[PDB]
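Below, a PDB structure including pleconaril.
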Amino acid sequence: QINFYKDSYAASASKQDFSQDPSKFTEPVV
Amino acid sequence: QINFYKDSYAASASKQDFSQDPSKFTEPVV
Amino acid sequence: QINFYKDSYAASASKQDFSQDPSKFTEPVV
Amino acid sequence: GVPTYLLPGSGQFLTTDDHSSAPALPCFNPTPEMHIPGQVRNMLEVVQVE
Amino acid sequence: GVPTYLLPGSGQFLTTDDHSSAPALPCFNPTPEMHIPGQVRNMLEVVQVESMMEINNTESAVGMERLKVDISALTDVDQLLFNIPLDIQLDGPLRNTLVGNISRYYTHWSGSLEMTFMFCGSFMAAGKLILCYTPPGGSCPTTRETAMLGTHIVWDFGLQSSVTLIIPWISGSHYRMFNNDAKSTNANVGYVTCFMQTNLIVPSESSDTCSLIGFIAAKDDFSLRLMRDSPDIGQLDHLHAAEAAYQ
Amino acid sequence: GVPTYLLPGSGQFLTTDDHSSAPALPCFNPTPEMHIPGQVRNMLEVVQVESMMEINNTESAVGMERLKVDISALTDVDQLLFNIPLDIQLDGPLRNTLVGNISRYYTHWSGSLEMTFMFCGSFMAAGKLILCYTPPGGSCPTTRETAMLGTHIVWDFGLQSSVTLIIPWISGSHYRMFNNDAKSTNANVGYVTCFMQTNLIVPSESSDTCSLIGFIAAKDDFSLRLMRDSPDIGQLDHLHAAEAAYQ
Amino acid sequence: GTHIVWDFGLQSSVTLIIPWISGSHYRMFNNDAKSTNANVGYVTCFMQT
Amino acid sequence: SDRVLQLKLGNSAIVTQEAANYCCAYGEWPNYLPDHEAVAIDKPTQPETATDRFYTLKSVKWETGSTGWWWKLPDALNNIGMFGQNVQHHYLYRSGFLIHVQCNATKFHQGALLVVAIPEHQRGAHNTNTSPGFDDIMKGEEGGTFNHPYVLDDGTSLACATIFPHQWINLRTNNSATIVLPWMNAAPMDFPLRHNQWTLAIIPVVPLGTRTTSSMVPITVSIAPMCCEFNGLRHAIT
Amino acid sequence: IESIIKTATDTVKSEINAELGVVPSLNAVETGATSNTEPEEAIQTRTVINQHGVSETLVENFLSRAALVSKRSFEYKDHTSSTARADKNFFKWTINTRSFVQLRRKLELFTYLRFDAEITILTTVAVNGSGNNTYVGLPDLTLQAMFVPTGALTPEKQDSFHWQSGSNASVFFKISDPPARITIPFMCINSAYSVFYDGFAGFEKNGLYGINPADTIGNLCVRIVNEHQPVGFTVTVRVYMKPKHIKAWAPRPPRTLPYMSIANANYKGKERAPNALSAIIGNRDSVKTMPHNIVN
Amino acid sequence: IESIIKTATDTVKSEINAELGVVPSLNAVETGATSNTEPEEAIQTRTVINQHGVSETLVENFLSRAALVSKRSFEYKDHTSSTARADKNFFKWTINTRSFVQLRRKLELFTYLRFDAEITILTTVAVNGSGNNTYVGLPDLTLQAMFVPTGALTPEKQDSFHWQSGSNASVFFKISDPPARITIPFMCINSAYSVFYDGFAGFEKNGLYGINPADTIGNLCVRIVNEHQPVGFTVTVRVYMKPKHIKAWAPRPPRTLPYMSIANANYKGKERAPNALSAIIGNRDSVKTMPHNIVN
Ligand SMILES: Cc1cc(CCCOc2c(C)cc(-c3noc(C(F)(F)F)n3)cc2C)on1
Ligand SMILES: Cc1cc(CCCOc2c(C)cc(-c3noc(C(F)(F)F)n3)cc2C)on1
């Protein structure tokens with residue numbers, strides 16, 4: 001949003017990660 | 001106006017809808 | 001960052017000096 | 001920082017003010033819009049009915 | 001300077017606000033990221049994994065005994081074996097499941113479910129069952145003739161030990177709710193019942209009582225919203241050693 | 001005007017905040033910069049310089065006597081001369097070193113160390129030593145056979161009066177910590193021991209007791225983080241003349 | 001040592017390979033079973049279940 | 001049968017004629033530590049065939065009142081062979097594990113086993129504020145049994161344990177289970193004597209039953225370390 | 001299949017199926033895989049264009065929510081005759097996330113977590129009623145919150161030299177001010193925090209079990225900068241923590257039994273169901289009974 | 001070698017070494033140079049790509065941290081009958097950086113320093129309890145902080161004409177306001193401050209030793225602008241200084257013995273170790289003893 005801070009971890013939450021791999025828990029077979 | 005919020009529903013009132021169809025209540029006949 | 005002040009010494013800390021010469025204390029020989 | 005000063009009317013709650021407020025439920029997805037008959041966009045359409 | 005004025009909500013601490021705050025440790029370098037197996041980016045991946053249903057939530061069932069349903073050989077046709085209350089939002093067989101646990105953190109849900117049953121008898125015990133889902137509106141069917149009229153799967157024991165019954169999203173409204181009113185039209189999902197399509201036939205050297213294990217999971221259709229506090233955890237006092245953190 | 005609202009943390013004084021403040025003396029011209037020898041831009045340059053270890057931190061050692069280790073001629077083989085506790089974060093030989101002093105201003109450290117030993121006997125005193133670093137996990141080795149199994153250097157006295165033992169960064173975690181718990185898995189670094197590889201042989205006109213000086217420094221691998229208040233300086237009252245500054 | 005875990009099933013037979021692990025380039029008949037040039041090792045069977 | 005599989009892993013080998021599949025935890029395979037993730041600058045030792053091989057543990061009897069068994073890794077494999085020697089002589093290790101659980105019966109036998117690899121299975125005690133002790137956690141090659149398999153011995157649920165890499169041994173279907181676990185840890189390497197990355201739990205969700213002549217039905221566990229590395233060589237510490 | 005999922009998947013219309021050798025509804029739970037049966041394969045379906053978003057279940061949204069992590073009340077007064085057990089105008093707290101059940105249970109759904117913390121401090125004051133004290137009014141005090149990392153000395157008095165904070169990070173805030181707010185980075189010496197630790201902290205056998213030394217944080221010392229006054233007050237400081245920039249690994253079963261301690265995962269359960277040791281879910285009459293049966 | 005260092009150096013793999021005429025592990029401490037032996041040359045190493053940043057040890061980060069430099073309490077009341085020794089509603093402080101040990105020791109790690117100062121003033125008030133006074137409440141007062149450079153006259157009363165401050169820099173601030181904050185430039189008449197001065201201030205032999213005249217700053221006079229009230233109060237003013245835009249020269253050994261005075265580097269040490277005159281580091285039984293030995 002604004003983040004006039006010099007450290008990158010001071011930014012706000014990053015709620016834009018829409019990638020997912022459910023098959024690593026649902027089909028973990030070969 | 002400003003709306004630095006991440007959610008679109010947080011914006012202000014949208015008072016710019018000037019389209020209207022009164023005939024759906026005044027002439028609802030064929 | 002912002003620094004709307006007319007004097008340059010009023011600015012914030014300048015934490016971007018990554019140059020160094022340790023050999024002036026570790027190998028000060030010829 | 002930015003130098004600022006507050007104006008009269010600062011911190012007062014006008015019931016007709018038009019601003020954006022904090023979204024209390026982040027990332028909420030409203031129900032998809034569906035077509036409903038008889039939409040009203042101006043109150044002058046209602047008065048035109050006898 | 002810039003002329004400004006404060007709006008309502010100025011200086012108030014909303015626990016769900018999304019801003020940037022002052023970095024307390026300047027120039028701090030976090031540990032480099034390393035690859036760890038099993039990363040989760042959406043909570044809908046967890047609910048998609050199937051977990052055991054506590055169908056045998058009855059007295060005289062203790063611990064693991066509540067996680068299996070025992071079926072014997074009957075001398076009457078068309079007999080009802082068990083039914084499952086489909087109320088995740090209330091205490092029942094679906095409550096302590098991955099899908100149930102993660103969904104009880106939200107208020108509105110939508111999508112389809114899958115209910116898998118694994119037969120855990122001997123190799124040469126045979127049978128046929130019928131698993132039925134009934135959309136809401138009436139009483140839970142008690143007879144096979146009434147139960148077959150809804151969604152169902154006829155399951156024949158064989159090399160594949162498991163069957164799946166899909167509880168499809170058949171809803172009038174666009175989502176559903178936790179209500180605490182199981183009979184509400186916005187919450188009730190219907191019923192699930194099991195009947196004997198045939199009998200359970202086993203030889204003399206096989207145990208005459210066999211067991212089924214039930215699992216439930218969500219499909220890709222599933223969706224949750226309106227996050228809330230889960231009613232599954234509480235606190236009446238301070239935990240042990242909690243005050244020692246101040247000594 | 002501009003509509004605004006104040007966030008949490010408004011009007012609060014964080015001592016590590018990085019902003020610009022009002023210049024109290026406008027149009028002031030600072031003195032022109034002139035070149036001065038020995039400029040420091042990172043504190044990691046200082047720790048890279050080697051300083052004496054206080055290995056002889058025992059009673060009956062006074063002042064400079066604590067900065068050297070005396071070695072004589074022995075009549076038994078494989079004898080242990082001394083060991084060095086590798087706990088910078090606790091009081092020990094490494095505490096009052098450049099690397100130790102600068103590191104005690106931080107909480108997390110990483111990287112490799114070098115431990116140099118200078119032999120300060122006569123020209124025609126001879127000997128061979130073995131310096132051993134033992135990664136953590138067990139007790140400090142007391143015999144040469146057990147000590148040789150870790151990292152080590154065999155040092156032969158000669159024209160070069162000094163030897164170096166590298167304490168390489170062998171850590172499970174990605175950094176280490178000051179803990180005050182020396183036995184913690186996140187803090188313990190191992191041990192350093194010295195044994196006789198051979199004896200110290202000197203002629204009749206040479207002193208039969210010779211001295212070693214130990215130094216420690218950090219390499220380019222070294223890194224520090226999570227700055228804190230050094231526990232090496234305190235204050236129980238006002239310093240003398242401090243109140244006179246108000247008179 | 002070298003081993004194979006054998007599970008009874010449709011295939012009624014299993015094979016254990018005794019590979020050539022010798023120091024010398026050949027081996028000998030000796031009549032001294034304990035000789036270093038003759039001894040080959042042992043084969044044992046245990047219950048895995 | 002239902003499926004056949006062979007697992008070589010060194011000078012050992014296992015053949016199964018009645019299997020379902022094998023599970024790769026989170027769909028990943030063991031690998032050696034790359035240079036861009038390394039921490040310790042010491043050159044590691046990679047014994048390979050000496051340590052990357054199946055070790056078989058003592059068998060446990062499958063009775064009617066059985067609550068389940070657990071083995072913590074690498075604790076169970078410590079003190080076993082060259083892997084144990086390398087663990088004792090080194091300060092850090094790193095390894096995946098190929099786990100094979102064996103259990104067979106007749107076609108008149110019924111019973112279901114859940115074989116699950118829990119990462120960081122931190123245990124709890126029952127009806128006490130004191131934490132589990134060293135002897136409660138470190139059981140070695142013999143492992144332990146589940147006090148309350150219903151809650152997994154940690155206040156959670158056994159019903160949701162299928163979120164972890166798992167398989168089933170359904171006597172009616174198969175007689176073996178196989179799970180491939182990569183290196184699971186927040187650190188690239190770790191001290192083997194004070195922390196367990198994985199816990200293999202075998203739980204009798206469906207009890208063993210039959211009406212034919214009774215026989216001892218054991219369960220065998222074989223663990224093969226994979227891509228083992230060791231850093232920090234010094235004297236043996238056990 | 002790793003892809004970008006922004007909405008729930010759509011449904012496709014299906015027809016009558018009768019084909020030999022294909023049994024989509026039959027599965028094998030023993031393989032450890034969840035059933036792959038589709039609704040299109042179990043029933044005859046229609047085409048539905050699904051527009052439900054999935055942004056609310058994102059781990060960031062799921063966990064990025066301020067929750068109470070600390071709450072401490074102490075008397076702000078003259079502490080000359082008070083025993084050496086009360087907080088004499090200040091307190092120190094060993095930071096942890098296991099004291100309040102809601103945040104603890106939400107965090108314990110994963111094996112590994114990596115995030116920055118957003119710390120908010122909210123202070124309230126009340127006038128002491130002990131004895132014959134009156135309301136008087138509420139003073140506007142200044143509080144100092146200092147973060148002491150591991151190995152650093154912590155203050156022993158309200159006016160000790162430690163409070164000068166040459167290098168320690170301190171925040172000075174008034175009660176009349178908004179709640180104080182700072183951000184702490186990902187402080188772990190590892191790539192992620194260990195929510196659960198199947199190990200011991202030290203190199204000997206008497207160390208703590210289940211607490212990872214790598215995840216040690218330090219102490220938060222909070223004092224009132226003002227000197228005491230003729231009347232006593234009670235000051236309550238609440239600390240809320242909000243994770244952000246979150247990465248999660250290895251989801252775990254949720255805890256069913258009530259928490260017993262912050263140091264361990266010990267369990268005893270409720271006396272009766274639900275959430276009892278022998279019965280997590282409440283009992284019904286039989287497996288053929290539904291409690292909320294619609295009867296008309 | 002002067003270069004840009006942003007991360008710690010990487011490690012390279014090495015092999016077995018046996019070569020005549022090359023002895024990397026042998027050094028000569030007498031030359032005054034630190035050993036140049038590399039880990040690759042002492043042991044057999046592997047390739048490590050090191051990603052550790054080094055921005056936290058930068059002299060700017062190391063020193064740019066607000067620290068208490070002044071703390072003064074005085075009575076705000078009617079001072080008609082008070083002696084000519086108390087602060088009568090105001091005080092003056094001769095600015096110095098040697099009164100509080102943490103900042104002093106951090107600054108004294110270098111021989112020369114050049115920086116601008118960021119000054120923050122934090123004021124607290126308490127109701128006097130002497131006699132039979134009650135709480136009453138805390139007034140919102142206005143304070144004036146005036147910087148008087150060398151040679152300028154300082155106020156002698158709380159209402160003297162000096163406070164009109166025609167040219168002197170003053171700041172007026174309320175207690176209810178955030179702490180006051182200003183910036184002072186690098187005021188030295190030289191290119192850098194002298195943290196240590198091996199000289200005398202005057203041209204005669206009775207001058208002060210160790211204080212550089214070039215580094216003289218001046219006085220900070222703080223008064224309460226409000227006139228006294230029927231009840232007395234105690235006002236405490238704290239002054240914090242934060243260096244910025246820092247340049248450092250000639251690093252020095254850290255001080256081991258406790259500071260004795262702000263005027264000099266006099267030393268006496270603790271009675272016993274650690275940090276005693278005869279033993280800086282605590283004693284152990286012998287050079288063959290380690291205290292924290294892991295025994296199992
Ligand atoms: C899991 C897990 C989560 C965390 C992070 C918790 C962070 O704890 C705190 C808190 C609660 C407060 C402060 C704090 N309070 O005040 C200040 C300051 F003002 F001094 F800056 N810092 C610092 C930390 C690290 O650690 N492990
Ligand atoms: C070494 C070394 C470091 C320094 C710099 C210290 C600066 O001292 C001050 C302080 C503490 C406060 C003020 C000050 N307080 O208030 C005001 C104002 F409000 F009048 F502007 N100025 C001015 C100076 C130079 O000098 N030598």
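The chains referred to below are lettered A, B, ... by the order of the sequence lines, with proteins before strands, and numbering in each begins at 1. Below, all heavy atoms of this structure are taken into account, side chains as well, without hydrogens, waters or symmetry copies. Only part shown; contacts counted inside that part. We read in the header that electron microscopy, 2.7 Å was used to get this structure. For ligands, and for the atoms within them, numbers begin at 1 and follow the listed sequence.
- What binds pleconaril (ligand 1) most in this entry is, by the naming of the PDB entry, viral protein 1.
- The atoms of pleconaril (ligand 1) that sit less than 4.0 Å from any heavy atom of I/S170 are 19 (F), 20 (F).
- Taking atom 1 (C) of pleconaril (ligand 1) as the reference point, the nearest protein heavy-atom neighbour is I/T97 OG1, 3.9 Å.
- If you check each of I/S165, I/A169, I/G218 against atom 20 (F) of pleconaril (ligand 1), the one with the closest non-hydrogen atom is I/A169.
- Put simply, part of I/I119 is less than 4.0 Å from pleconaril (ligand 1), judged by heavy atoms.
- When the heavy-atom distances from atom 18 (C) of pleconaril (ligand 1) to I/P149, I/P243, I/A180, I/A145 are ranked, the shortest goes to I/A145.
- Protein heavy atom nearest atom 5 (C) of pleconaril (ligand 1), with residue, atom name and distance: I/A117 CB, 4.2 Å.
- When the heavy-atom distances from atom 9 (C) of pleconaril (ligand 1) to I/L107, I/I95, I/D215 are ranked, the shortest goes to I/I95.
- Within the 4.0 Å heavy-atom criterion, the part of I/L220 lying near pleconaril (ligand 1) is the side chain and not the backbone.
- Considering only non-hydrogen protein atoms, atom 26 (O) of pleconaril (ligand 1) sits nearest to I/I217 CD1, 3.3 Å.
- Annotation: atom 3 (C) of pleconaril (ligand 1) to nearest protein heavy atom, I/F115 CZ, 3.3 Å.
- According to the entry, the name of chain F reads viral protein 3.
- Listed by number with element, the atoms of pleconaril (ligand 1) under 4.0 Å from a non-hydrogen atom of I/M146 are 20 (F).
- When F/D17, I/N212, I/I182 are checked for heavy-atom proximity to atom 17 (C) of pleconaril (ligand 1), I/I182 turns out nearest.
- Nearest non-hydrogen protein atom to atom 23 (C) of pleconaril (ligand 1) is I/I184 CD1, 3.4 Å.
- Per the entry, the source species of chain I is enterovirus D68.
- Applying a heavy-atom cut-off of 4.0 Å to pleconaril (ligand 1) picks out E/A24, F/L14, I/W93, I/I95, I/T97, I/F115, I/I119, I/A145, I/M146, I/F147, I/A169, I/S170, I/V171, I/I182, I/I184, I/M187, I/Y193, I/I217, I/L220, I/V239.
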